J.: 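Below you'll find the structure I mean.
For reference, chains are lettered A, B, ... following the sequence lines as listed. We're sticking with the PDB entry numbering for chain A, so the shown stretch reads 4-43, 71-196, 225-252, 285-300, 310-610, in order. Following the PDB entry, chain B residues are numbered 3-43, 71-196, 225-252, 285-299, 310-610, in order. Note that these values count all heavy atoms, side chains included, but never hydrogens, waters or copies made by symmetry. Per deposition record, X-ray crystallography, 3.0 Å. Numbering of ligands and ligand atoms starts at 1, following listing order.
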Amino acid sequence: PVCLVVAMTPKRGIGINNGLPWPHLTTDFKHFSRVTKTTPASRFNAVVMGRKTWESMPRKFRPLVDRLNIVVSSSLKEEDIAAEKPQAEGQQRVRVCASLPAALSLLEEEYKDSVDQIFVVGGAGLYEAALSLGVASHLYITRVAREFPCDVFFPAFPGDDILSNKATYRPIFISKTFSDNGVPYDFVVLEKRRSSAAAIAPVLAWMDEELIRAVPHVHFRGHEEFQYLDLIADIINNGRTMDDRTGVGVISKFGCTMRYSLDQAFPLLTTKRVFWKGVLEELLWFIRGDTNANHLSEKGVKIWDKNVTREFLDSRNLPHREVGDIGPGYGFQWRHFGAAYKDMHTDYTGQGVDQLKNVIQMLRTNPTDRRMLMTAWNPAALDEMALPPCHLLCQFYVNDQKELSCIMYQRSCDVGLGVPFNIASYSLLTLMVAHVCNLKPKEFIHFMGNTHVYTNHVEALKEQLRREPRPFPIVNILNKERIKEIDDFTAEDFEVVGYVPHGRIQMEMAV
Amino acid sequence: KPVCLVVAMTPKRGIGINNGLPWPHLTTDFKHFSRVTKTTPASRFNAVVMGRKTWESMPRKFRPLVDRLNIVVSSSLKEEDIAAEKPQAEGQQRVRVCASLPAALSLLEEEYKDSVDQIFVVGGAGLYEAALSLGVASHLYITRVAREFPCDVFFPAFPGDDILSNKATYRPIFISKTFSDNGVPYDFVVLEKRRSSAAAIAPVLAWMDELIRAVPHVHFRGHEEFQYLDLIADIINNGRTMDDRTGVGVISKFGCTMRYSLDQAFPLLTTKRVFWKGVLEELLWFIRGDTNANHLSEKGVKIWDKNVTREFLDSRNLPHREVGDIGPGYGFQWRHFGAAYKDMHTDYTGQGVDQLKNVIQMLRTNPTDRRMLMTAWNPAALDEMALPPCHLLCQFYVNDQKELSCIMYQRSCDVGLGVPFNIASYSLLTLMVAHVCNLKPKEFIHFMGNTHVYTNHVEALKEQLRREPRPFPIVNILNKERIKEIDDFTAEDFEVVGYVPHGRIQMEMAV
Ligand SMILES: NC(=O)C1=CN([C@@H]2O[C@H](COP(=O)(O)OP(=O)(O)OC[C@H]3O[C@@H](n4cnc5c(N)ncnc54)[C@H](OP(=O)(O)O)[C@@H]3O)[C@@H](O)[C@H]2O)C=CC1
Ligand SMILES: NC(=O)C1=CN([C@@H]2O[C@H](COP(=O)(O)OP(=O)(O)OC[C@H]3O[C@@H](n4cnc5c(N)ncnc54)[C@H](OP(=O)(O)O)[C@@H]3O)[C@@H](O)[C@H]2O)C=CC1
Ligand SMILES: C#CCN(Cc1ccc2[nH]c(N)nc(=O)c2c1)c1ccc(C(=O)N[C@@H](CCC(=O)O)C(=O)O)cc1
Ligand SMILES: C#CCN(Cc1ccc2[nH]c(N)nc(=O)c2c1)c1ccc(C(=O)N[C@@H](CCC(=O)O)C(=O)O)cc1
Ligand SMILES: CCCc1nc(N)nc(N)c1N1CCN(c2ccccc2)CC1
Ligand SMILES: CCCc1nc(N)nc(N)c1N1CCN(c2ccccc2)CC1
Ligand SMILES: O=c1ccn([C@H]2C[C@H](O)[C@@H](COP(=O)(O)O)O2)c(=O)[nH]1
Ligand SMILES: O=c1ccn([C@H]2C[C@H](O)[C@@H](COP(=O)(O)O)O2)c(=O)[nH]1
């Protein structure tokens, strides 16, 4: 009964030139350190490594303190290690054996009472050995989300779908995404599968009085994507079947909340590929105050097309609107609130209230002010819009450490399709503002009104809730020096890093 | 050896009148009593104990209480009176009679060991007064009837009867949410006498695993006011200290949620008295679209006075405003969104969007619509306002059973002073709208963006947290038939039933 501890790229790479492939992952080191050391008294833990693995270690850290170090080697002897450095008091002497099966017997022989848990700690030779012999009950894996040049690899195994797209190992633990030196990563654990309260109790018994789950086997649910997945399950389990403007049926709930950290990684949902080109192109479009949808479509982003066709414009009772014109919609209200709309071709510069600019000026000069809001809802103009805004309001907030948070309120949420797009969209806006105001991005908070999954998406979502999420990627702003105002960002000023989502899922847009 | 009291009680400790129950039939209580007295962990059963008159007050079809050993403390009644009262069913226990409760407890030990699990004193004042004297009462199961009723038999006084009203001990360990039957609100409290299966997952939890609590001894926190109390405790412990517009220090968080049911009772917070006359008269003020704060002031509602002084109006750079004119504030945007403001005396009938009309109409005609929103936030008009709206947006929702829910979004939340008032104000509006649309009120959802406590309330709030909440009151709309439109409501048309708050705590308003 042994455990495998590893840090590992999506392609199972683990080393290069007898060393680590990535810059230092401090939190990984701390995690590895804690896992291999902590115990429920008299007992300590055993770390088993290979020669190359022992040798790669900086001399400062070998031998691994408070732990019975063991090396598997044919060519090195117990004296080489005893003479490599002078030993310190309070530790066991490193022991060397022919193979892993041999190295295990040594633990059964001499250390039958001293040690608690055993850990195979590297490298490819030993990990492979343990997998063959099937004594490994658990895998403590650090998924490095970025790809790195490698010559040494972790052997393939049943259930390596947790790494990338293609007696088993199923995930039982998935942590939130951490990042160090511009490298996003997280921790999984895969398991080998193949009367002070008595008085209250019966009162609870009569009170309770009356199905679908996301990745049910995953018990510790650190990953923040669980919010979205538990939110899906919830609506399907406890929603209410409604009719619709569209004619397509709906299961809905009212009043919902997720929030996402922006300091370590970016919440680009990993359980299905998010059309990021679309969120970027559209957010840029918003910020310009552009209301011509053809500018999006010509760039290969057809998200608004169905909602600006000749047919739809007339159902919405706007025969005079050119094909493409979303009326005075989201962008317009951000940049020219309450201005008199004409068409998508008109220049509205200096007109209306520039909510966006005001929000930034306030952020830069008086960040304690509680009137840092931007609204898209304009009662007077709703009829002129092709579609009333879903995400209609956002508030910004700064704390002590110059960390920026953003709340967005959405009236009507398409959970299968719209939500992950809207999460990534406003999380990006936060990064943009944070940079321009000289603030650290902290948190994005999602406030939802009518929250619904369409009945024709239900089949497809059940498939999605079997998928265990991958580590969130990092979004970087490039050209950090060139960009000084919110209007200075372009499509080329960003780079998604480490995005390894699951394959695409087709969902029809309710027209 | 330890005994449990079970009682339904009036705020003034009243339990009976005319050898009967003071209130109409409270069904959930009857269920609660039924299960708590009957349920047992195979061979055993429970014992119930009562005075002669409690046995007499009981309906014939219910006495003796099935599946329980009935025992009556009396000197006039004899055992053969009770046997020759109703034919014995096969499988039951023979009711027993004793001269005193001490003798009753003797009978339990002497003969009924190995037979009875739990013992329950079940009434009336004589026995309850007795059980407290002897000090054998381990737990008191109290149903707190919030309404006052005519009674001639009372529950004895006891240390810890502060759970009922304002003033070896009895401390709460369980407080349930409010239920109501036949216009009677009530809740359930339980008082106490004081005077590597999953272990392989726990090590990675250790380095991830990490000061002020409300009513901590209370472990079951069903009561919905715990939301507010825990929201106070969260900000204080985990909040960040900011400077302020007003100049006073602040502790804060970003955005938090609460939700309150409106089907059983009304979320008029009990742990400190809420100025209901204020909420009611202000809400009506809003509905009218009235911008003259003097109309509030002349009625004894001075909540808007410190923000319409010549001083504040001039500091807000509005010299030409008459004293009392809040500018185009909440009411005005609701009823005349976007209208060109002059002064508080102008008739604006027919100008701007009447958002409130449009919302009611959609509700009454097309309830599955998702654009049923109303906003007070109008960036073009902000500079003309005495104060930018705090609660700036609210959204409605109807489900299967024609039930109405409401969300309100509040950009800035004075947790100590304003939040309780705001919970009451939109919950009241939700009752009002439901009545006019012919709907059942279901739920009020509070989204607050920036949530804070003022540092000159921290002492007053820590005090408040020691207080445990009382049952919520029922708010009734009187003269239903007359009121057909939102404007038909007047101050007299509301009745607050069963409100028993804790003492008023003085908290000043920051200008
Ligand atoms: N990312 C991660 O989590 C980890 C990465 N690494 C990386 O991997 C590399 C080191 O591992 P790797 O290069 O695979 O070398 P290994 O650590 O697998 O050890 C190889 C040597 O050890 C002996 N050995 C190994 N396996 C066996 C076996 N089953 N039976 C008998 N002897 C055995 C052999 O000695 P002989 O030749 O005398 O027979 C062999 O030459 C480094 O680049 C390191 O950075 C290492 C540990 C963890
Ligand atoms: N809301 C609630 O939870 C409950 C309410 N009730 C209500 O309360 C009222 C009953 O209370 P109450 O009027 O006090 O009547 P009780 O049920 O206390 O019975 C009174 C009679 O019982 C006997 N008795 C009671 N206590 C003692 C004692 N310590 N020692 C000796 N004899 C005792 C005496 O009868 P004798 O003269 O024969 O010796 C006395 O006259 C009713 O109106 C009933 O509806 C009752 C139970 C629970
Ligand atoms: C929200 C939003 C912006 N919008 C605008 C928009 C307009 C009308 C809508 N109508 C409805 N009913 N649901 C929506 O989500 C929606 C979204 C979008 C519109 C379509 C797609 C879409 O067809 N899906 C993408 C997948 C993107 C993703 O994975 O998130 C695709 O490739 O087809 C995405 C976003
Ligand atoms: C929110 C709101 C409406 N308003 C308007 C209003 C205007 C400016 C404000 N300014 C600040 N800083 N905090 C507020 O809560 C506040 C509230 C209120 C203003 C004052 C009181 C007040 O003085 N307290 C009440 C007690 C109410 C309660 O028990 O909760 C009183 O007794 O006078 C209440 C509501
Ligand atoms: C510092 C993180 C290394 C690490 N991280 C995680 N998550 N799992 C592992 N098995 C390892 N190891 C084990 C010890 N090791 C090592 C290499 C150089 C210095 C110190 C230890 C080789 C890789
Ligand atoms: C309907 C619940 C009455 C009740 N509820 C609570 N919470 N505590 C009690 N002690 C009682 N009792 C006991 C039985 N009882 C009674 C039972 C049936 C009919 C009339 C009275 C007299 C009052
Ligand atoms: O960013 C968006 C845009 C649209 N929608 C969905 C929500 C609604 O299902 C639909 C619009 O219909 P109404 O809410 O306007 O009825 O589009 C989103 O979820 N997010
Ligand atoms: O209905 C209201 C009105 C005001 N406030 C409080 C919150 C803020 O502390 C203060 C307004 O100050 P600014 O947010 O405008 O700075 O008044 C409320 O909580 N509710």
J.: I'd love to know the name of the drug at ligand 4.
T.: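 The name is CB3717.
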J.: Of all chains near CB3717 (ligand 4), which one has the greatest contact count, and what is it called in UniProt?
T.: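 The main binding partner here is Bifunctional dihydrofolate reductase-thymidylate synthase.
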J.: At a 4.0 Å heavy-atom threshold, what other chains are in contact with CB3717 (ligand 4)?
T.: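 By heavy-atom distance, the answer is B.
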J.: I'm curious which UniProt active-site residue of chain B ends up closest to CB3717 (ligand 4) - could you give me that plus the heavy-atom distance, rounded to 1 Å?
T.: B/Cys489, 6 Å
J.: Could you tell me which residues UniProt lists as binding dUMP in chain B have a heavy atom under 4.0 Å from CB3717 (ligand 4)?
T.: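 Going by UniProt and heavy atoms, it's B/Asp513, B/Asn521, B/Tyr553.
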J.: Which residues of the UniProt NADP(+)-binding set in chain B does CB3717 (ligand 4) share, counting a residue if one of its heavy atoms lies under 4.0 Å from it?
T.: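 A heavy atom under 4.0 Å occurs in no UniProt residue.
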J.: Mind pulling out the residues near CB3717 (ligand 4)? I'm using a 4.0 Å cut-off on non-hydrogen atoms.
T.: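 Counting heavy atoms, it is made of B/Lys371, B/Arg372, B/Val373, B/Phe374, B/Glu381, B/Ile402, B/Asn406, B/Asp513, B/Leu516, B/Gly517, B/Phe520, B/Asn521, B/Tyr553, B/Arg603, B/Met608, B/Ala609.
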